[PDB]
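Everything below concerns the one structure shown next.
In the text below, chain A, chain B and the rest are named by the order of the sequence lines, each starting its count at 1. The basis for the numbers below is simple: all heavy atoms, side chains too, and nothing from hydrogens, waters or symmetry mates. Whatever order the structure lists them in is the order used to number ligands and atoms, beginning at 1.
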Amino acid sequence: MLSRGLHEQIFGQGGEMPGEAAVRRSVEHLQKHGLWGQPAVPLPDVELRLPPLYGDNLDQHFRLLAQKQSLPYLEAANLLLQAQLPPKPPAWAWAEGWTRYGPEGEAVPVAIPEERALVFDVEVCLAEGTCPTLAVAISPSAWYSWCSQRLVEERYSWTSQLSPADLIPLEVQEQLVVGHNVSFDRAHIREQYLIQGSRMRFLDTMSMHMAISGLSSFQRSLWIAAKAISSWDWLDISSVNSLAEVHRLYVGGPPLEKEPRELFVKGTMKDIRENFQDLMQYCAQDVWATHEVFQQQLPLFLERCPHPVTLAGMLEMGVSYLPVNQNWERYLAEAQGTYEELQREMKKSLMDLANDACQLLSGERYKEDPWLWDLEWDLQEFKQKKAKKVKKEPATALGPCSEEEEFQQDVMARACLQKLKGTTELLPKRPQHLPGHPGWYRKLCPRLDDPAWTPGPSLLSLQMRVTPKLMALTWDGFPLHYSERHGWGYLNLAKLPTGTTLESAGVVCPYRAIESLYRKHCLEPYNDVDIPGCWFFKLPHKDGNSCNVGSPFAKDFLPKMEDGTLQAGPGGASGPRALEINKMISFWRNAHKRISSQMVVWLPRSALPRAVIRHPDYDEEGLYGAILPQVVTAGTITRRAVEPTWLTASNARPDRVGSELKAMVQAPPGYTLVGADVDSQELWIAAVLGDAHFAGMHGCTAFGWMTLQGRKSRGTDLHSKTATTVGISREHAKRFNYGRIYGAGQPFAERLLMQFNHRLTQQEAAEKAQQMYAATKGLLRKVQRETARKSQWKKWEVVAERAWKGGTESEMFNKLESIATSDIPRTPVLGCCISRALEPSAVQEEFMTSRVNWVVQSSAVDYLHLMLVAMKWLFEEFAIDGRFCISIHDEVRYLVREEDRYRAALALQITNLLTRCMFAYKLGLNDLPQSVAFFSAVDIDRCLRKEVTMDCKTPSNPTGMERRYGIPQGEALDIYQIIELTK
Amino acid sequence: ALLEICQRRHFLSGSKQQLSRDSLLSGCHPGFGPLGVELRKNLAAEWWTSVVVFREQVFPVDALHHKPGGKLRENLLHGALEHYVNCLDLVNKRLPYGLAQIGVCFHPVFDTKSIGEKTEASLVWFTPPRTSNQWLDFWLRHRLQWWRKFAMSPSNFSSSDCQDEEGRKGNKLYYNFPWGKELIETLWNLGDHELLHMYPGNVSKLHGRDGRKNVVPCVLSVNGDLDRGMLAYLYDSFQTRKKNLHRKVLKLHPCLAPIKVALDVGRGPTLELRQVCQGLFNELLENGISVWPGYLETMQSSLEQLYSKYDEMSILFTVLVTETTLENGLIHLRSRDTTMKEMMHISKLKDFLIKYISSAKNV
Amino acid sequence: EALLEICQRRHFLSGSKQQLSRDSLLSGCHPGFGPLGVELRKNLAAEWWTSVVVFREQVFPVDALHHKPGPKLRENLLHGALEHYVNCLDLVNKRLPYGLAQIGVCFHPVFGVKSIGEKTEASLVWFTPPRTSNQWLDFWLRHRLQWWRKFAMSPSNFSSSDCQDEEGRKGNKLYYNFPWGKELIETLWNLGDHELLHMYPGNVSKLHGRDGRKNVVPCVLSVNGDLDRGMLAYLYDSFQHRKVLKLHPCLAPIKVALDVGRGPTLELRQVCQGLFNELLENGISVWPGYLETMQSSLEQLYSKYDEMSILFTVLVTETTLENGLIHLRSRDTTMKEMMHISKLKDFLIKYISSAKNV
DNA sequence: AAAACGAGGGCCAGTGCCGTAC
DNA sequence: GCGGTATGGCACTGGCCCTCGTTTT
Ligand SMILES: Nc1nc(=O)n([C@@H]2CS[C@H](COP(=O)(O)OP(=O)(O)OP(=O)(O)O)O2)cc1F
Ligand SMILES: [Mg+2]
C-alpha cells in the first residue's frame, strides 16, 4: 500500500506520471530476468506529525535552510573579498597577546581582534609542541599579530592548558575564519574546545581548491613528475594541494619563498627568537597568499557549487569535536606498554634465532645451509699503522704464601693500567661497527655511538627480508628467495628446460640439503609445480606462479600457516605465534605516532557547564577535556573528509592492540552521543540512478529492486544475500559488490573471491561466470555486437554509428557512463561539478572509473551535506542541546545529552527520511520505498563505536573500566515527537 | 632433564645426586651453589628494583621468623600485617600503600615428616575497597610482565584467574616446566578480615584516607617463590630440531646472570707485566660487574674447553688479555649469545659492559 | 636515652612500649625493625659483602639451612658453610686456601617461660693451612677493624681484644664502646680441623687441599659479625636543642628528600615527580615529602628529616618553574643553599662517590 | 715537511608492500 | 577493460655530501 511500497507523505499530492508503456517494459523485463515472486511483507507504516515545511518543494526547503545557515558567513566572506589591504608593518611587535597594526603599522596592544572575518595561519614550535608560538591574521580593516607566552625563558610544564590563541568575542553574526588547512588553526583556538558553542565557523582554501580544480592521487603522482595521448592537457589547469602551488595556480603571481631551514620543525625555541622578525614575515606572506587565493576561489567555488547545501554542509563539517578525559592518557600508557611488551618478545625470539645461527661461521660450514649463503659472512680486522721500530719480533716478546705488606701494589697495577690505556687511543680513529661479526650481523645491530643503543642484535623484523628466510620453511620446500618478488603465493602442456654449469667465481649454491629437507618433510622444475610445492636448482624464474606482484613477507597467511603448509622450523608453533604477534601490533605500528602525538586541551572546572558538575560525576579528581579532529573539509573524491588519524582509526577487534581508539571518545557526564550509519547509501544511490533513468518508479530495474527489498533486522540485505551464496559475510561481499560496480575485472574478482572463500579455482571461476551476467553484454575488425542486427557485411560505410556504447540486461552502468560522457559539469543531484582536470573537455579523458566513482561517491557526499544541514535545522529550532558534529563519510554522530537523546535520534530519523525523499525528488517521483526511508540502527551511548555491544583487547574488560552500555534503535524512538513535551 | 650435570659441574646447585623434582619443588634441597645463590641474589634484587624502589608508597618491612609464644612461619604476610599501623604513620594514612619483604619461609612436608624451607618475595598491598579488583588486575599484569621478561621464551609463563571458597578473587602464576605447569607466584584479594581480627578493640587506628573519607583497607597480597623462579629461569635458559650443530649453553638474561664477564690470560706464558689483569679486575668489580678470574689454571688446554666451561656458566662475555694488548691496548672479546671474536679497548670495554647491562635492563 | 624514642617516631624500630629497652634490643627478642632500620641494615650488609668481594683471590657466597637436616634451628653459621666445603673444593680446583661468606638470620634462646630471639649475622669461614693460619687471622683482624673504622664517626669507639684457650689456639673479639657498656660486635676464631674432621670421618682423603705440591688438611678461621649490633652501634655513633642522626652517606638509608614550598599546584608535583624519577634512575634513595599533604612548618620538617638521617633536603618553590633554581639544605652543616635542578643529580652522585675512601 | 684522491657513514628523497577506514 | 576514494607506516635503495685515512710535496 501502495505501488509496491510507499508511506504516508505530504511532499506533493501529484504525482503520477504513470508511464504505462515504461512500466510495461519494466514488468516484462523483471519477468524474463526474472523476478516475480513477491514476498508481500508490508513494513509497519508510521503516522507522525511532520515538522513545518516552508514550501514549495523540499528543494526550496533545504535551499532556504542552507542559505539562512550560511548567510552571515557569506556576508563575512564578501567582506573579505571587497577588502582593501593595508600594507604590512615595518616591524613586528615582540609582545604577548595580540597586536593591532592599523595606521602606518603602529603597535596597538590588544587582547582579542574584534573582526567580522579574517584570514589565519598559526605557528607552533615542534621542538616542544604542540603549543602555539606565533600567529598572524589580516582583516578588511587592519593587521594583527599574536605572540604566545613563550617570550620569557622559563621551565614550563605543558599539560595543555587554555594557552591556545583566543579569537572568539564575548557576549556578556558572528565570526568566520578562512585559511589554508584551517582545521589545524582551529585546533589552536582557545574557545573552540568548550563543550558548548559555537557561532564561529571556518572556511578552508585547500578544500575549496579541491572542490574547484582538484585531482586524484594518481594524477598527483605524475603531476609532480613534470620536472596517454591527450593526458597532458590538464597539467596546467590544476595543481597539487600545496600552498605555493595553489597560489601559483589561482593567483599566478611570483613564487612565494618557503623557510629554507624549516626552523619550526627542525630547530628549537632558542633559534626561533633569534629569527623572530623573519618568521613573522614568513607567516605574513602565508596569510597574504592565503587571502589572495581565497579571494580568487570564493566566486569560482560559488559558481561550480551553486547549491548552498554544499556550502553550509562544508561549514558544519569543519567544526568537529571529540570530548575525552584521563582515560585517554591511561589508554596511551597501557597500549604503548602492551606494544613494547609484544615487540620485546618478538625481537627477543628473532635475535635469539639470529645469535645461534651466527655460530656456523667457523669453519665455512655456512655454505651447506640452504637458507644462509646469500649474505656477507665477512671477517674484518682493521686497522693499524707502524710507528714503533725497529727489527725485533713483538709477537713472542705454584708457590703458596700469604703476603700483604705491599699495600700499595694495587695502585701500582692501577697506575700501570691507566698509563697503558692512554697510549693506544691515538692508534685508531673512528670507532666502526664490530668487524669480528659477519656483515649480515653488523647490519642487524645498532651503532655503538648511538644514543639509543640496545645490547645484542636489534632492529629485528617482521617485516624484514633477512629474518623470514632465516628460519621459515617454504611451502613444502626448503629455500625462499627474493629478486623482483619474494616467495610466490597469493597476491595443453607447458614445459621449461634446465641447466647446470660452473665457470668461477660466484657464490656456492647448495641443492642437496634442499632435496634432503624435502625428504624429511614428506617423511610423515617438473613435476610438482601446479598444486604441490618444490624448488628447482638455479635459473631463477616463475615456472608456475599465480600472483603478478609477490609478497615480502607473508604476514596475512594465518590460515595458510595453521593448516600445515607452510610452517617454520625451528620450530613447532613458533611460526603461527609469530604471525599472531605481527597481526596484533600491525595497527599500532603504523599509527602510534599519530595517536600519541594527538594533542588534547584540558578545560578547568571554571570553564565548563556547571550542569555537568551538578551531575553525580566529577569524577574523583578527574580531568575532562577534548580535541578537535582537525579535518580537511573537502578532499578528493568527492570533497570527502580527510583526516590523518580518526578516519583511518581501527574498529573494535579483540586482536589488535590499539583497537579501542574509536571507543575512547567518552562523552562528558550528563551528555551522551547519538549517531547513525546509512544502510545503505551508495548501493541504493546506484539503484536510483538506474530506475529513475529507466522509468519513473524505484523498482523498475533488476539491480535496483534487490537493494530496497532486504532488511538487516532478522532478515537479509542485498549484501547479505550475496554473502549467503555461499559466500562470505559480510564486509567481504560488500567489497565484492562495490568492487563489481566500479569495474568487475575477471582476474581481480577471481583472486578476490578465491581469497575470501578459500576453495578451488574451477568452481570459483564458475561462480564468477555466473555472477558476470550482470555486466553482460555491452557494445573493420571489432567486437561482434553493434547497432545493426548482424555484423557481417560487405563494404558497408557506417562510421557514424560507432559512437554509442552501453551494457545490457541487469545493471545500469549505462547511466554512470552517461554522466561520465558529458563534457559539461556532470552534476547529479545535487549538483556540484568538480575538477578542470577530470572534465572530459580538453582531457582524453581515460579516467572513467574515477569518474563513475566520482558520480556515486558525490551522491554520497551530497547525502552527507544534506544530513548535516537537516540535522542542524531542527536542532536550533527545537530545544535540543548539543549540536556538535562528528561524521565519518557514511556514519554520523552528534554529541547530545542524556535527557534529549531520544528526540535527537528522532531528528536523525527525520533527517534520513527527508534526505532520501530529496534524492527521490531530484529525479522523480517524490514517492519513495519503505525499507529505505528510515534508519535501521541508531547508536545512543557514552562512547562512540560500531555495535552497541563492545569488547576489547588492551583493557581486556570494557565495562570493567568506567563505561556503560549501548542501545539498538529501533522502533521505540518513534513515540517521542520533536516537541519538547514528551513522555 | 639432562642439564643437571651442568648444574653439578658448574655449581649453580648442590653436587648431590639426590636432587629430584620433588626435592627441589618442596624446598628440601641441601642448598644451592655459589652461582645459584648469586643468580637468586640478582633475581631477588631485580624483584626489589621493579617492585619497591620505582613505585612509591611501598616500604620494606622486617618480619620475624617465629612467634614469641616448634614450628615457624609458613608465610611472611602476617608479620607484615603486624606492622600496619606504624607504616600507616610514616605514610600519613595515605592508602593505597604496600609493604614488601624477601624472606625464607618454612613449609611442613609429609614425605610419602620433614620440613622444607624456601625463599619467598612477598608484597602486601593495602588498597581501598573501591579499587581492590583494579589493583589486583594491575599487579597481576605487572608481576606477569616482570616474569615474562628475562625469558628466552615468555610463552611458558601463564596466569590463571580463580576464586576463593567464599568468593574472593585471586590469580595464580604458572611456569611451563618440561613435565607440566607449576605454581611460582600467587595473588589474592583478602577482604580486610585478618586486619579486623588483629585489632578487635579500636578499629579507628585502621582507617585509611581514601581521599575525602577514611575507609577500612582491603588487603591485597602477592607472594612469589624465588626458588622455583630461579629454577624456572635456569630451565628456560637451556635449549630443538634440524639445527645440524649443537652446543651446550644456558642463555640467562644478562641482568640476572651470576657472572657477567670472564677475565683470562692468553699467550701465555708472559711475564711479568700481567699485573694489568689485577687492574682491570679491581676496575671491573668497582663498577659492580661480576668478573671470573682466569689466573691460576691447570689448563693449558683447548680454548673450546674453557669457552664451553664459560657457556655452561652463562657468562656473557669472555675478555682475553694477551701480549699484543700489552703492546698496543686492544684486548679480545667473545660473546655468549653469538660466539665471535672481537677486538676492543680497555676503558671502552668497561663502559661497554656497563652500557650493556644498563641497556639490557631497558627494552 | 632520648635516642630510643626518636627511632620509634621515625620508624627505625618497630612499635613497642615495654620491649623498647636496651636489654631487649641487645636481646634477639623483637619487635623487629622499621623500614629505616631495614634499609640501614641492607646498606650495611651490602657494604659488608662489598668489603669481602674486593678480597683476593675468590670467596664464594653460600646459603645454609635454618632447621636441622635430620629433623633444631641453627645457632652458629659455620656448619652450613662446612657442608659445602668439599663441593666448593672443585670450583677453586683445590688450588689455594679459600673462604665462604654468608649473611643469615641465626637464632639464640632468650631467658615465667623462656623465649627465642633472632639476630641477622654475617659470617666468613676462611680455610687456610695451619702454618699460615695465625697470620691470616691477624690479617682479617686488621681488615675487619678497618671495616668498622671506615663508616665510624669515631675509631676509638671500636676496640679489638685478644684471647685464647685450649680449644681455640688464638682468637680475637671486636668490641664496641657505647659507653653504657662495651659490647660484643664480632668474633674471630681459629678453629682447628677437629670441627671439620668430626663431620667427615672418613675417609678424610677428600678434606686435605693442595698447598704448593703439598697435601694438608686446612685449619679453619671463623669470622662472625653482627649486623644488628652494628646497626645499633652506628645509630649510637650518629646521635648528636638539635637532635640529628649523622649516619655515613654510603650507609644512610634515605640520602635525600624533596618537598614543595608554593601552595598545592599540579605543576610542582610534576617537577617533583620528574626529579624523583631522575634521582631514582641513578640509584639515589629519595623520600617523597611532596605528596604531601599540607607542608606545615619548615623547622619541624628539617627536624624530622634530620632525625631520619637525610643527607640533603630539597625544596621546590614556584621560582623553580621559572629559573630552575632549587633550595638545597645540608645536614652536617645545615647550610641553606640554592642550585639549578639539572646539576643536582651530578652533585649528589659526586658527593656519595667522594665518601669512598679508606 | 705539504697537496690530492679514495673509503666510510649519515642525511636526504624515492620506491615497493602493507596497515586501516569509508 | 580497468573497484573507487582517502590516511599512514616500514624496509630497501642509491645518490648527495662529508669525513678520515692513505698516499704524496
Ligand atoms: N570497499 C568499499 N568501497 C566503498 O566505496 N564503500 C563505500 C564508501 S561509502 C559507503 C559507506 O560504507 P559502508 O561501510 O557503511 O557500507 P554500506 O553503507 O554500503 O553498508 P552498511 O550500511 O554499513 O551496512 O560504501 C565502502 C566500502 F567498504
Ligand atoms: Mg560508511
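- Structurally, the greatest contact with ligand 1 is made by what UniProt calls DNA polymerase subunit gamma-1.
- The drug seen at ligand 1 is recorded under the name FTC-TP.
- Other chains contributing a heavy atom less than 4.0 Å from an atom of FTC-TP: A, D, E.
- Of all RNA-binding residues UniProt records in chain A, not one places a non-hydrogen atom under 4.0 Å from FTC-TP.
- Those other ligands and ions that come closer than 4.0 Å to FTC-TP are ligand 2 (magnesium ion).
- In chain A, FTC-TP lies within 4.0 Å of these UniProt 2'-deoxyribonucleoside 5'-triphosphate-binding residues, judged by heavy atoms: A:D677, A:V678, A:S680, A:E682, A:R730, A:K734, A:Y738, A:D890.
- Heavy-atom contacts of FTC-TP within 4.0 Å involve A:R640, A:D677, A:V678, A:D679, A:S680, A:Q681, A:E682, A:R730, A:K734, A:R735, A:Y738, A:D890, D:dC22, E:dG3, E:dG4.
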